[PDB]
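Here is how names work: the chains are called A, B, and so on, in the same order as the sequence lines, proteins then strands, and each is numbered from 1. When reading the values below, keep in mind they use all heavy atoms of this one structure, side chains included, and skip hydrogens, waters and symmetry mates. Order of listing sets the numbers, starting from 1, for every ligand and every atom in it.
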Amino acid sequence: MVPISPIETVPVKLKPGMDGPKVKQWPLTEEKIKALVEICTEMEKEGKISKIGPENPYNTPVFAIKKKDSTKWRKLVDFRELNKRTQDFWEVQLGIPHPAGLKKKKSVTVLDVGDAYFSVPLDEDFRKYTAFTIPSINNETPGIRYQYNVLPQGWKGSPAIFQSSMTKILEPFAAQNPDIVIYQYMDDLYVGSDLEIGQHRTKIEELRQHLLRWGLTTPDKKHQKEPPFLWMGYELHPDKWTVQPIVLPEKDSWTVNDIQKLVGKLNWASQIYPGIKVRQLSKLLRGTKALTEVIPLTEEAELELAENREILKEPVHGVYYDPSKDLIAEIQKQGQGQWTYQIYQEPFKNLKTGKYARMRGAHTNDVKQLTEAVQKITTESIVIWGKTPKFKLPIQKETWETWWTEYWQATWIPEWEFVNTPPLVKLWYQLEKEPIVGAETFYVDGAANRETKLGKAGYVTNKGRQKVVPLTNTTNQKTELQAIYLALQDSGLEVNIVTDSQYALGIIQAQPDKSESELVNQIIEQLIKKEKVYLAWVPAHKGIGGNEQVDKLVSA
Amino acid sequence: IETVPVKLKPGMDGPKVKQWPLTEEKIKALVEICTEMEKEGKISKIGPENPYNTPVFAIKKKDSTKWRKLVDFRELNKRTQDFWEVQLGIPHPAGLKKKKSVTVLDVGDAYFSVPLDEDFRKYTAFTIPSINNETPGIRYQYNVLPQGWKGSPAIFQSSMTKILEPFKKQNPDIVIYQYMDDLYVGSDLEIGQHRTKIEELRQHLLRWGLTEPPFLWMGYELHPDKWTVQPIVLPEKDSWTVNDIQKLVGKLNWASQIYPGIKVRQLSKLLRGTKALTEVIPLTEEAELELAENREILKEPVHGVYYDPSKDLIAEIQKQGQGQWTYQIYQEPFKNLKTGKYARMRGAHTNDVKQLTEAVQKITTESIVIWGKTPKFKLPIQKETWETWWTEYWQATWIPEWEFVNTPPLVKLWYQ
Ligand SMILES: Cc1cc(/C=C/C#N)cc(C)c1Nc1ccnc(Nc2ccc(C#N)cc2)n1
Ligand SMILES: [Mg+2]
């Protein structure tokens with residue numbers, strides 16, 4: 001006998017204040033019982049479970065299930081209650097590698113370590129909580145009681161403990177063989193390298209010899225799995241990757257559920273198929289969540305879906321990462337708050353693609369959305385490659401300079417260069433810093449009655465120009481914006497506007513180019529047409545001429 | 001040598017904070033640092049039965065080329081019991097901010113000489129992530145008092161007081177104040193002399209050590225006695241336009257929320273009618289007098305301002321353009337405890353976010369010197385922009401709390 005190293009046990013606890021499960025065993029048919037007795041006798045022979053005495057008070061139910069199109073039964077120990085009572089564990093798999101961050105490999109070998117799983121012992125002190133009972137034939141003897149000695153399939157801690165145990169064993173092998181990579185998924189190890197095939201095979205044999213130190217055997221007859229691998233919704237090949245086939249169904253009509261699934265598929269596709277769009281389809285899901293409801297596609301949604309079908313008409317693949325090269329990210333504006341991007345190292349060879357959508361909110365502008373997209377891409381790139389790409393952006397350097405130097409918030413975008421591919425992102429208007437000599441001065445105000453919702457908006461000017469308009473179904477805030485709109489409408493190309501509206505200032509000082517409010521959009525449209533606008537704020541009700549006059553006219 | 005028992009606050013579990021994404025350079029730095037710390041027994045690898053986590057990153061201190069591990073214990077710090085057992089707490093020294101020179105030392109390496117309560121160690125878990133999550137993150141917990149944990153100076157305090165005693169006895173006029181991993185050492189000596197005292201002090205720590213800290217040698221020099229504040233000032237002009245007077249009335253209206261007796265009646269009267277913004281308006285005698293009375297009011301301190309150590313400090317910052325930043329620290333609105341202005345934002349001429357990060361650090365330093373704690377910042381930045389970048393520019397060993405301002409304040413105008 002050759003001594004083997006034991007696998008270190010992970011100490012396991014129940015949640016604070018919780019005791020183990022005490023769940024009633026269901027009755028079973030005589031046929032099911034005989035089946036479970038046979039199955040458990042074999043598991044016992046294999047060391048997986050041990051018979052226990054009557055003192056243990058815990059229990060978990062066991063079932064017998066018929067393996068479809070077969071005369072063979074399978075056991076199912078239902079650990080749901082134990083799982084609720086078991087502590088939380090560290091879960092290593094939460095963040096999965098993105099294919100675009102992987103490196104090209106010549107060879108990837110798959111080793112089955114499913115048998116190794118049963119050399120990982122369960123913490124002795126915890127075994128008692130895994131007890132289960134096979135009912136006896138005719139209920140005439142005590143049921144046969146067992147507990148587990150190994151990680152039970154279906155128990156909360158098994159995946160984390162199996163993975164951590166394997167990682168600990170594999171660490172030295174990985175550290176001392178830096179020319180390979182090793183990745184565990186389920187019951188398999190994937191071992192990749194760029195070695196000539198003989199050497200790669202030697203490394204695999206050395207890995208098998210290393211694992212034997214813990215008595216872990218792998219199957220001589222080599223795995224059936226070989227590239228390409230279907231993994232986590234992807235296809236991995238030795239020198240390229242893609243998503244598994246994206247098939248958008250034909251339908252005569254679409255329900256909420258159909259559309260949710262469609263957008264899900266498009267979202268998944270967008271990581272390698274450039275230019276995928278989902279705005280108009282996603283708009284259809286607004287507010288409603290009756291999955292069976294039929295939603296008629298708008299003309300806009302039909303167009304979006306047609307454009308996506310064309311994008312998806314044939315396979316697209318990504319390449320893998322070469323750490324010796326820079327990463328480049330290029331972004332395009334698509335319209336309606338949509339943005340698309342590609343990340344590459346060599347021209348025309350994308351590592352991946354993606355998209356960004358405008359955040360929900362009252363007002364926005366293209367420079368802010370571009371900035372947000374840059375941040376999203378930056379963070380994504382740090383995760384996948386550990387570095388920021390150089391950016392190629394559809395905004396002139398002078399536009400960016402004007403924006404950030406004058407914007408009230410701190411803002412930054414990392415190293416980038418202008419790419420002249422329309423539509424370009426621009427600043428649509430720029431307010432004056434100082435009052436305009438020779439331009440007419442408009443004092444604006446609005447007010448509404450909170451009960452009737454009737455109101456008034458208007459202006460008075462230093463030239464004696466005046467206007468008041470009566471309004472219905474309005475509010476103080478809307479009338480304050482309406483007054484500014486009137487002044488813009490009625491003035492020349494250069495204008496000074498004096499308002500007491502803190503609300504209106506808060507909006508305009510945010511520099512929107514688009515708004516959910518039609519009124520704010522009308523104001524933006526006017527600003528775009530002007531040569532010069534100076535917007536001045538004064539406090540209300542303070543005796544300030546001009547302001548005081550118009551306030552009286554609209555509050556009447 | 002014997003551990004102090006430590007607990008979390010009643011009904012709270014440990015931190016479970018996600019590790020944020022790290023650059024290749026920071027991961028490489030951390031792997032090297034932690035390999036060494038593990039060999040020295042400061043940290044140990046942990047298994048999957050520990051589900052806790054606190055984020056880690058790496059920085060370079062100001063004027064240094066060596067990477068320093070920085071654990072973001074903000075969540076653990078909130079969750080950890082308070083330490084008043086031996087002392088109710090060490091009364092903050094009001095004299096520190098009055099010294100001609102204060103030097104800040106990183107004394108954090110000292111904490112690693114004291115073991116941490118075995119039952120508390122699990123709550124200090126952290127992860128060194130891998131690029132693209134290709135390999136399992138390397139999981140560790142502390143065996144010794146960690147840098148950045150609020151319990152560390154509290155537990156090490158009896159040891160520090162004994163280490164420093166001979167120095168204090170020999171130099172009774174030096175003010176020494178510990179905050180987290182920082183030691184603040186203040187004197188009124190000529191700088192050359194001051195530095196010599198600082199190095200004397202390092203030697204006490206060094207001598208104790210050999211009975212080598214990577215950053216103790218460094219020294220961040222402050223001169224708090226020269227720190228400058230920002231009263232409210234009104235323009236002095238010979239020619240006032242309608243616009244100028246409007247701006248003045250706005251500013252005075254704002255100031256009237258801070259100072260009782262401010263009046264704008266006579267100034268507002270100047271603008272009677274409906275005038276062009278650029279029209280020049282002569283001040284009347286009545287308006288000049290009201291302005292003068294207002295100027296005088298603004299020379300006096302704000303009434304009813306006091307510091308309550310039981311309340312948070314709040315810091316607001318405004319971007320003023322051209323590299324200039326204004327800020328105010330208060331506990332109650334309109335009751336500023338400090339105001340200030342910076343323009344000297346270092347090595348960040350085309351980077352707003354680096355400037356703001358430097359400003360946050362400076363203000364936090366001022367706050368520690370004056371009150372012995374950090375303020376909660378209201379930052380003029382989108383969350384996503386800040387959270388992407390601040391760690392690239394951070395040089396301090398503590399981290400304050402912050403929130404985001406999304407709507408432009410009018411107040412910017414009044415501090416401009
Ligand atoms: C994450 C991962 C999943 C699988 C496999 C999961 C499954 N099923 C296999 C491996 C080896 C890895 N790990 C790494 C690490 C670095 N580069 C690579 N590159 C790489 C992997 C596979 C192919 C192929 N064909 C090409 C390159 N793989
Ligand atoms: Mg009014």
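Drug identified at ligand 1: rilpivirine. Here the macromolecule bound to rilpivirine with the most contacts is known in the PDB entry as Reverse transcriptase/ribonuclease H. Contact chains for rilpivirine (heavy atom under 4.0 Å, other chains only): A, B.
The site surrounding rilpivirine, defined by heavy atoms under 4.0 Å, contains A:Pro97, A:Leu102, A:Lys103, A:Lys105, A:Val108, A:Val181, A:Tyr183, A:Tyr190, A:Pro227, A:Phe229, A:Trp231, A:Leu236, A:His237, A:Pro238, A:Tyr320, B:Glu134. Closest protein heavy atom to atom 22 (C) of rilpivirine: A:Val108 CG2, 3.9 Å.
Nearest protein neighbour of atom 16 (C) of rilpivirine, counting heavy atoms only, is B:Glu134 OE1, 3.7 Å. Remark: rilpivirine atoms within the under-4.0 Å shell around heavy atoms of A:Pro227 are 25 (N).
Name recorded for chain B in the entry: p51 RT. Among all protein heavy atoms, the one lying closest to atom 11 (C) of rilpivirine is A:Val181 CG2, 3.9 Å. For atom 28 (N) of rilpivirine, the closest non-hydrogen atom on the protein side is A:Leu102 CD2, 3.9 Å. Given atom 10 (C) of rilpivirine, the protein heavy atom at minimum distance is A:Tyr183 CB, 3.7 Å.
Of the protein's heavy atoms, A:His237 O, 3.2 Å lies nearest to atom 24 (C) of rilpivirine. The N/O atoms of A:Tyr190, backbone and side chain alike, include one that comes under 3.5 Å of an N/O atom in rilpivirine. The nearest heavy-atom contact from the protein to atom 20 (C) of rilpivirine is A:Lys103 O, 3.6 Å.
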